[PDB]
Structures are given as C-alpha cells and as structure tokens.
Q: 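Quick one: the structure is below, questions incoming.
Residue numbering restarts at 1 for every chain, and letters A, B, ... go by the order of the sequence lines. Order of listing sets the numbers, starting from 1, for every ligand and every atom in it. Only heavy atoms go into these numbers, but all of them, side chains included; no hydrogens, no water, no symmetry mates.
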Amino acid sequence: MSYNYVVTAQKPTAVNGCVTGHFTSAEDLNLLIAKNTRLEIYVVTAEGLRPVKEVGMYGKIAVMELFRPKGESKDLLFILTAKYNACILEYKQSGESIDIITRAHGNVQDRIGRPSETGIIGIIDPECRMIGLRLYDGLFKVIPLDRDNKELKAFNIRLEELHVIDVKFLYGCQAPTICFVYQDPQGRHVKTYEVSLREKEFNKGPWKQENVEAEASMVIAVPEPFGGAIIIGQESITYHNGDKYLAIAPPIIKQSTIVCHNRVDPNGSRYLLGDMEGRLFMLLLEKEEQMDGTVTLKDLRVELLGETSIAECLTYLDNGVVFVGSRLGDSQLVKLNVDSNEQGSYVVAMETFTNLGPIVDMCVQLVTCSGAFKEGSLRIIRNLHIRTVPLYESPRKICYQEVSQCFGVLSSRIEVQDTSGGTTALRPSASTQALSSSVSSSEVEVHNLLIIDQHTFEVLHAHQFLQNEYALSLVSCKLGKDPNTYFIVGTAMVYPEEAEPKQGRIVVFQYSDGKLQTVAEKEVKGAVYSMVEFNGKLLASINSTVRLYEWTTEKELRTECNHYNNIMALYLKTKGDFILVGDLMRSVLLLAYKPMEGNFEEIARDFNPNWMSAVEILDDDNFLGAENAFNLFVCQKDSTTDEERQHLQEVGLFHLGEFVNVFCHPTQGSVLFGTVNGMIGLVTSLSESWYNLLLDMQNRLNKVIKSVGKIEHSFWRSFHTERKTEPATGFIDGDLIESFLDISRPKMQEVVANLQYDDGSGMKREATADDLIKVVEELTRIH
Amino acid sequence: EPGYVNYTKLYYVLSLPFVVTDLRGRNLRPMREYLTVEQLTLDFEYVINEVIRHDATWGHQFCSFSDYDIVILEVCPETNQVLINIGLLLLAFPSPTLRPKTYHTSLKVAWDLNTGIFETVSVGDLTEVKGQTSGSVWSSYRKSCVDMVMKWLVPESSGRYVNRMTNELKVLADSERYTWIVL
Amino acid sequence: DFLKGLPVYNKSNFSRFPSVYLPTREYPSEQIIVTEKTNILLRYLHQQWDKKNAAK
Amino acid sequence: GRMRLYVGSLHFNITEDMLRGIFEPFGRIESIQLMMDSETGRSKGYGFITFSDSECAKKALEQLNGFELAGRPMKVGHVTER
Amino acid sequence: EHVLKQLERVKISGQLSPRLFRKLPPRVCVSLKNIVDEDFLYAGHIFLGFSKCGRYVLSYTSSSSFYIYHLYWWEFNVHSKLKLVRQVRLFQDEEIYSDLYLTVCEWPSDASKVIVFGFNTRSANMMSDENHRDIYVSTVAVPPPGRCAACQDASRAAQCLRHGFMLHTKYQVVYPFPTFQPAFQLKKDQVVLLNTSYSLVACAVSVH
Ligand SMILES: Cc1ccc(NS(=O)(=O)c2cccc(C#N)c2)c2[nH]cc(C#N)c12
Ligand SMILES: [Zn+2]
C-alpha cells in the first residue's frame, strides 16, 4: 500500500478573476482577487491596496460576483466553485474580529447535462431578482433571490440554443432578461429571453434576434441610460438595443482577439478592452440626450491606450489606476494619463506582481520555464526568493548541463508572413538577441535552442531550427562509451496543410567555445514527444511508438527496440530498467528493458481511463499520475497469476485542484511539481503509522476548522471526474495538517482530545497538544 | 398497494419468466431466504381505463379501445420516474354537434418506481381517424413521440451514455481514446 | 482627449502609494440552495395540464 | 413481391430504431440500413428500408413522403433494384 | 488545427478534454485482420465494438435446425492480438428458428453487467407467424477487472456470482410492435424497462 503527503510550497500566482465593489463596508472600495482556490480581499486606500484577508476556499473559484439585494447595507458575494458549490457570503467585522458569514449555500450540479465548451458562466440580475448560471449545454439554471424563505429552490429552463458563447442580464428591464451569443450551423447570433420566475420558463425577449460576426465572443450589458448590449468580435464591435444597431469595424482590433473588458464609468460611457497581445483599448460610447429625458447611444469609438501584461481580467480602481489581472504573465497596477510618453503610450506601470504561471517545465535550487508569448521568462526559486529572467518569447523545455555551466532552453517566437519573401519578428526577444547565433541544415512559430549562462542567465547562443520545425523534447546527458555531454533535441515538422506530424528529427548538439555544433541527426516518421537518458542509451517517444536508441562509436543513433502499444506516448520516466509511459488518452503503463533480450517487455498497465498531463516514478513499485480533471493518483504493481501482475492498481486518489505540467525529484522522498496556475507543490511518501496518525488528525481538524461557503474538506479533496467521484485515499493534505500550528491553544486541545492511537512501529501513545506541535513543526521543514 | 402494480422479488446463490444461470449452465437456487432480481409491472390496460374514467373530459363519450402503443418519453434515474406516452385507438360518440366514431388520442402518464404509483400528466384531444389505415395512425403517433424527445433533447455527459452495439459496419471506434478498428 | 475625467470615488486613493483567514469554530447560517428535483419535460406537461384544469 | 425504399432528408439524430418504429406499422420489414459517417460517428441523414411486401412499401411512401419528421420534410422514394 | 498547436494550448491553459480534440482524426487505426487470432477465422465472429472503457472489444456468433448465440469478450491492446477472456452462451435453453437482430448494451455507470437484446423480424409456428414477434433479453456479468478474492476460490477452470452470472428472459409482442428505445430502457443503472406490448416491466438485477 502507498501513503502520500501533498503540501504547497508556492500558492497559485495566476489571476483568474477580479471584481470591485463594497464588500467589507458600504464606504470601502474593495478589490477582490481570485487566484484559483484563493480569494484575496483588499481596501482601496491612499497608499494603494491595503490587504484585509486572504481566504482559501475548498474549491476552484469559477464565479465571483458582488451583488446588493435591497435591505443590504453592503454588497454580498456570490461564489461558485468548479465542483458546483454555490454560496452567498457576508463580511462581518466587530471591532478587531473579522468573520465571513455563509448566508446561503448548496451544490447546484446536475447529474444530466454536459459541461459547456465556453465553461461555467455566472450572472446576477441588476435588480437582484435572481442568479443565472450557464453550467451545461441545453440548460439555464436560475437561483431565485428571495430572502423570506428557508431554501433558495433553484430550477432549470430548457435552452434551444445548445451552444451559447456568452450571456449577461440586461439593464433597464421590467422583466429579468438575458442576452446571449449562440452558435448554430447558420453561424453566430445574438438573442434575448425574458425570465419568468412564476412560470419557471422563458418568454419572448425585448428585441429580435440579430445575426452577428462569426467570431462574436463576448456580451457586455450596458447600464442605464444606454441599456442594450455590446457584442465584441474578432473584426467588429456592435451595439444592439431594440430599434438601435451600431457597428464599427476598426482595423486596430483585427490583429488580436479581445479577451477581457471592464466598465470604467458607472453609466457605461467608457470600457477597457484587453487583447491576447497585451494591448489595452478604450471603448467609447458617445451619447445623445433626448428631450424626453432618455439618453441614446449616437456612436462607438475605440482607441489604443498602450500595452499591459497579457490580461485575463482588468479592473478600474480609482484615479486612473487599473489592476491588470494576468494569467500568462505578471499582474500589474497601471496608471492612465492623458499625455503620451516617448513611444506614444498613455499607460504607465505602477507595480508588478510576480506570476510563475504557467510552469510549462522546470529544473533542480528550482528553475522554471514560466509564462507564454511576450511574458515568457525563467524563474529561479530558492530559500521563498524569486529571480526572474525575461525572455520576451515562449520558453518550452529546460535542461541543465553541469559540465558546460549552462542551461538548454527550447523556445518559440511569433513571426508574421509579410508582403516580402519570408517572415519577420514583431518584437525583440532572447532568440534574436543572443551573443552568437546559428541556423539548422538538411503568423508562424520560429523554434530555437537557447544556451543560457548558469550565473548571469545571459543568452550565450541561439540555434534556429528548420522552417516549420517545432522543438518538442530536450535532454542533457552522456551516451554510450562517449565521454562527451550533449544537448539532444526532439522535433516535429508542423506544416500549414496537415494536422498530424508524420516527420521529425533527433538532433545531437555539443556546446563549446560559445557555439553549438551539430554532432548527429536522426530522421523519425513522427513527433519526438519525450526523451530520457536510459542507462547510457536514448529512450524516445515518436507519436505512438516508444523507441530505444544506441549511440555508436561512429557518433550515430541506431534503433535497438520498439514498443508500439500506445495512442500518444507523451511522457517518459525511468528508474533502472523500468519505464513509466504516460499517454495523452490511455492512462499509464510500465515497461521493462530486458538487457539480455535486447527488447522491451510490457510489465503492467493502468486499465483506467485517464487523460494524462504528467507522470513520475516514486519508487520501483509506486507510480504517480496527474490528469486533466486536476486529480493525482498513485499506481502500484498488484502484490500470483500473470494477468494479475499485468494490472497496475490505483491505490492513491486526491483532488489537487491544479493542472500539473512537470514532476521532478517523518517523510521519504521529495517530488516537486509545477502547475498551470504557477502553484508549486511537494509530494512525499509516508509510513503506514505516520499516515494513520495524520489522517485521524485531518478528521479532527475538519470538526474544528470551518469552511467558507460550508464546503466539506472531504468533498473538496475527493477524486472527481465526469465518469466518477470517489473519496480521497492514501493522501494527506499537508496544507490542512500545517494549519494546526495557526489555530489557538484552546482549539488545539479540542483537536488532540482523547487521542493516543499512534502506533510508531509497535504500540499506542497518549497525545497532547505539544506532542503534535513538534510533529507538525518537523513537517513544515520539508519545504 | 394498487391493482395496476405487481412486484416480485427472488434471491439467488450457487410477470416475466427468468432463466437465471451461471456462465456454464446451472440454473442456480431459486429462494427467498447473493443475487437479487426485481420485477415491477405496469398494466397498460388498467392505466388506460383509469385515466379515461377520471382524467379525460371526453370520458363520458368513450366506448372501448382497440390497439395501443407505448413510447417512453423520459426516464429520470434521480427521481425514479418513467414518463410514458400512450397512443390509443378508441370508439366514442362525438360532441352533441349521435353515431359512434373511431378516434385517436395520446395519454401522457408519469410512473414512480419507488412507489409503483402512476400519475396522469396529459390527456390528448380526441382526433378523428377518417379513412386513415392502422399503420398510418401509429406511424404519425410515433413521429410525434420522436418530435417531442428531439425537442426536449438536452446533451448528457461523456460518462452517462448508454452504449449500444450492433453489427449486421466499417469502423469500431473507441471515441474517448481516438482509436479505430477498421473492418 | 477621451481619457480625461476618469471616475473619482475618492481623490485620496492613489496620489500617495495578506493575512490568511482560518475560520475558527463559528457557524451561524441562514438558508440553503437546492435544485428542482423534477424533470423539465415533466414540470412543463404538469404545468400545461394544470392550466387546462383551470380552463373553466 | 419484395420492395426496397430510399429514405432521405432526415435529421442526423434519427436512429435506425426510430426509422423502424415509424415504418414498421405499414408492413413487415426484412432490412433497415441507416448510412453512417465513419469519420463523424453520426448518421448521414439517409438510408434504405426493405419491406417484405411491395403494396405495404407503396403505402409507407404515400403516407410519409414530403412530411416533416423533426422539422425536416422526409424524402421517401423508390430504388434501382437492377 | 495542427495536433501540436492543440497540445501547446493544453500546456499553457490547463484545458485538456476530449470535447476539444473532437474535430481531429483518430490517433490509432488498426485493421481487424492484423489483431485477430487465426484459429477464429473458421468461427465467423461478428465484431460489435468497444466496451465503454477501451479495455474490451465484443463479438457474437450465430452458429447452427436451431440457432445458438454466443457473446465474446476480447482483450484489446492496440496492435497486439486480441486475447479471448469470456465466451458465454446467449439465451439458455431457447431454440430460435430464425436469425435474430441482436444488440449489446451497457448501462451509464454500471460496468459490472451488459444486456443483449435479440429479436426476430417475425415469430413462428416452422411457418412464419405475422402477428407475433419474439424478444430475447440476456443480462451477462462482465469479467473481473483485476484480482478477485471470491473468484480465487475455484474447484475447476471458476468465477464468483458478482463476476460470473447470467440472466435470461423471452416475451411475445403484438401489433403495433413496441419500439426499441435502448437509451431510455437502460437510463436508470441496473434497471431494464421492457415493453411486453401489454405491460412495462422494470427489471433490476443486483449482486450483494
Ligand atoms: C420516440 C423514440 C424515442 C427514443 C428512441 N430510442 S432511445 O431511447 O434509444 C433514444 C432516446 C433519446 C434520444 C435518442 C437519439 N438519438 C435515442 C426511439 N426508438 C424508436 C422510437 C420511436 N418511435 C423512439
Ligand atoms: Zn469475482
């Protein structure tokens, strides 16, 4: 049996959402930030953002909206988790005492219904009559907002439009009305429906359905006096309101997709628009006052303000200050000013907040390949101390070469196909600013192998791969009886005509005297997804085949053996003669290289359906897996008939709540992992007795520590997929047990009350608060 | 408790007839002292006569019914409710505006599996079958059942699909793992 | 320019320039959120036939 | 005599079992083959129904051709048989 | 959209689901001829497809005055040969004098059992009888996924009740012949709704 302990080294740093409003007091202007499971509460003060409290929710925050139903002196918070836990939260302060009250809570999941392509959408009616939720295709969930009833009986309304892109509740409506963009075989359309709480149905919307741009991706509900809706596309911006229909096709917006918006003015006169390239625009709604008192929208105008980090969300704060919530790069506080600078920009950065996400690869003290596109960087983490190395392009893979005192970094940069012959770069980056550079022999991605100095992180050399060649995998090792250490790169030919790679290369490089020399090339008939040093041989995975290569005295790669039983062999990890193969669609499998046989042997496979993200070998008998549903699992050789030995058993299950892209090596062992949200964690093994004590301690802590939104810890950490839900097993939440040191002394005594149990290799203890304090403190020293 | 419902329970270890066996051929041990077989029946004939008697406004003009066609419109596993549509060929006198005529109607009935108790949810209007054949009426009826299920069709998750396999096929696909067996 | 006159909630906010919440044993709730158990097709037919019953 | 019919202009979610239910009341059916896309993993919108009797297949066409099944007007016709 | 462009999106988004790889071609294509055991060439199996988990691939036999039906479970491993796991005799002690249109179904969440619905175009008696049709339905237990403690207890080459039982039933339907509705009939896990044209029967088989 396998017992594991998972703890957070670095909490998530990517910003998934941000809202402004009056949550703490009616007077306080608050900033609320969602960093996966984490909710950060701030007060906008003279000095900037004064932190109030950071609360960890037992769920991935999917909906975070402030609303004020009548009778409330302050805004209430609505939260929906990825596991469909819904809650209405109230902030309460009594002198120095701070409490987050759960006004209402419950799970709003449906057994029927398939999660929608554009994900969970949560909207609140301007007149706080109801909460609207788009969770599944074909259904619209409505939570009636009634305060004089024991339960908020939520119901589903059928939606004929099975593919909705975005939806919002409209302003200035006598009847609650939703406005949404949907897709069907005739294209994209904008439609409205009135919501009847009495009849539990939709009624004909205020204005006729209108046909829209093929890539119309977001709806903006414009407040009164304008009313109506703004629909943002790839090439156009339109306004719709019953009679009115305005359309602007500004060429400025054509190059990049607008992905976020934020209302500047309470009346919706100005909106901030953020695109994929990090550009910031101002959408202007020019008004016309009517003599009947009403105000009509006369024209729309967009103007480029400047550049910010690639924004996931934007929130205007106060006095021209805007918070840029970034997912792919560092978050910012930016200042808006009417006078342009040296480059003509109206945006000036005030503060920068480090974001490690997405950690797409890492090295070991810790060196990550962080961010993407212009936000691409390297991050050096030690005792936490963080150093950032800007690349201004996408880092893909990293490897350390001790003998060369340098790192090997695969990277990609975007170039544009122009009026002229070839393609040209849009921005200067690491691959175009190296000390020396080379090119291979025998919008688009240009792939490079970067040689970066281990001390200064200076880009010493940049080797550009062939036209349409993508570098996928990277290793630094010595092969065969050859004493030299090489940078080995696995590639694929990505053409603008085909879908699957049918060609690729394995290229052996040697770095000397500030330059990279091509030692050898080996043609493959597919994509070289992963490569690992394996007992002085090269283990590589080409499409669906795992292959072992020998390095000859002739400095050539000679294929030795192949294993063909894979769908997409994306991940490889080895320990001795054992190979752990991770499939994008077919779970994991264990192979063994048979030295006296010169071939592989399929030892055992995990027969469970799992879409893998990363794999790791804990020990000779325990294998760690991370999948697409944000769960961790541990496989073990079934401990007998040959068929029984050929079956890997999932003995450990745990809902992590993060997407793992890289695993790398009291408690035994230390496997560090990097995630999409920039969270860094540690997985370690426990003895049976250590696990038993820590598990009893978890159950005791859960009876004392309360959850915001009243989400059960056990429910949160339960292994969950669209196929099954099972309670977490063989896994200890290190974060929960560590929190014992942070609870008051009277609460510690109630946790350790009539606890002895502890079978430390034999017999029973008699546990006090001080016994466990010593236990938890030794555990905090693992990271 | 009701007369329209019939429930039978039988236990095993080594109305419809059951030839419960192992993988070889042994008919196991039929007793009530392990395997558990359950059989909850719903008599259409009773339901039809009950719904016409109490829930059809035209119930006074009804004479007798001929054939009937039962098409399931919905199965709710969370509430254990089966929504069945009952296609019906009957004989009835018309409105005072006699002479007995053949008509066709639809009876929507919700059937609870926990209680075994049915509930009537819709009584159709008596529509005349003027010189339409028996096949003409059942084809049009089923077409309306198809029409309704398609209208109310809400996509289900990946993991809750009822797999259906039959070969009289060019490829055998494993959708979730993008694997095909070419025949 | 149309960047002049940005919203001012308070001038005393940017002209100048977080603690973890561990909820202690304290639990006063108010309401619960529940989903309508009955099927949407059934609810609609129930709704339409009950309106036909009202048709006096 | 034995007659084969062409059924077309069908909604892609119309199943073989649905087609059987709609056509079976007219007479005995020897075979039904709804054409499927190997690459989509969904109906092509057309197929063939083979009645045991020619007069039974004639009445199925007379009563179903040009009439809407799930909003799409069904196209029921004859076939080569040569 | 190139598979590698799709895969890069995954690494920076953390959004990997099959309903995204929906439009791309199959990753692996293997011909039935290259994975089928040569001794089963003379047998003439009719391959039905994959079980919900990609582990098994099922097939049937319509062997012969009466017809005998058999259900097979083959272990699938992409290019490797199919390995026969389970062979069961469908519709026990039942003499079928006409070739059945059989369908093998699987419940939404219950992977323990499968249902085999076989029906003939029209019932008989020697002579074809136009007013009736025969429905044959069998509930078969699937092989154990791993090591089974109850299965280990055996006296001959076998399988416990949970991972080795079978259920059979036969019923006559009349005009209009009831519609086959497999998705609704098995919407509730472990229940089969069977329209016998005179009543709807709810059939629950469960091992404890
Ligand atoms: C009216 C009707 C409904 C449903 C089915 N079959 S099903 O239960 O397998 C099903 C359920 C829902 C959607 C689909 C799909 N695509 C299939 C029918 N078979 C014959 C019918 C007739 N007349 C019929
Ligand atoms: Zn068993």
Q: Which drug molecule has been modeled at ligand 1?
A: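 The drug is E7820.
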Q: Which bound partner of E7820 is the main one by contact count, according to UniProt?
A: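 The chain with most contacts is DDB1- and CUL4-associated factor 15.
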Q: Which other chains show a non-hydrogen atom at a distance under 4.0 Å from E7820?
A: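 Heavy-atom contacts come from B, D, E.
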Q: Hey, quick one: which residues UniProt lists as binding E7820 in chain E have a heavy atom under 4.0 Å from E7820?
A: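 Going by heavy atoms, UniProt's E7820 binders that qualify: E:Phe180, E:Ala183, E:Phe184.
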Q: Provide the covalent bond partner for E7820: one residue and one atom, or none.
A: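 Modeled covalent link: none.
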Q: Do any UniProt Zn(2+)-binding residues in chain E place a non-hydrogen atom less than 4.0 Å from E7820, and if so, which?
A: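 Going by UniProt and heavy atoms, there are none.
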Q: What name is recorded for chain D in this PDB entry?
A: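 The entry uses the name RNA-binding protein 39.
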Q: So, at a heavy-atom cut-off of 4.0 Å, what does the binding site of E7820 look like in terms of residues?
A: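 The heavy-atom site around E7820 is B:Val71, B:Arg142, B:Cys145, B:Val146, B:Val149, D:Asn13, D:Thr15, D:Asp17, D:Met18, E:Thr179, E:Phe180, E:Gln181, E:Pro182, E:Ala183, E:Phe184.
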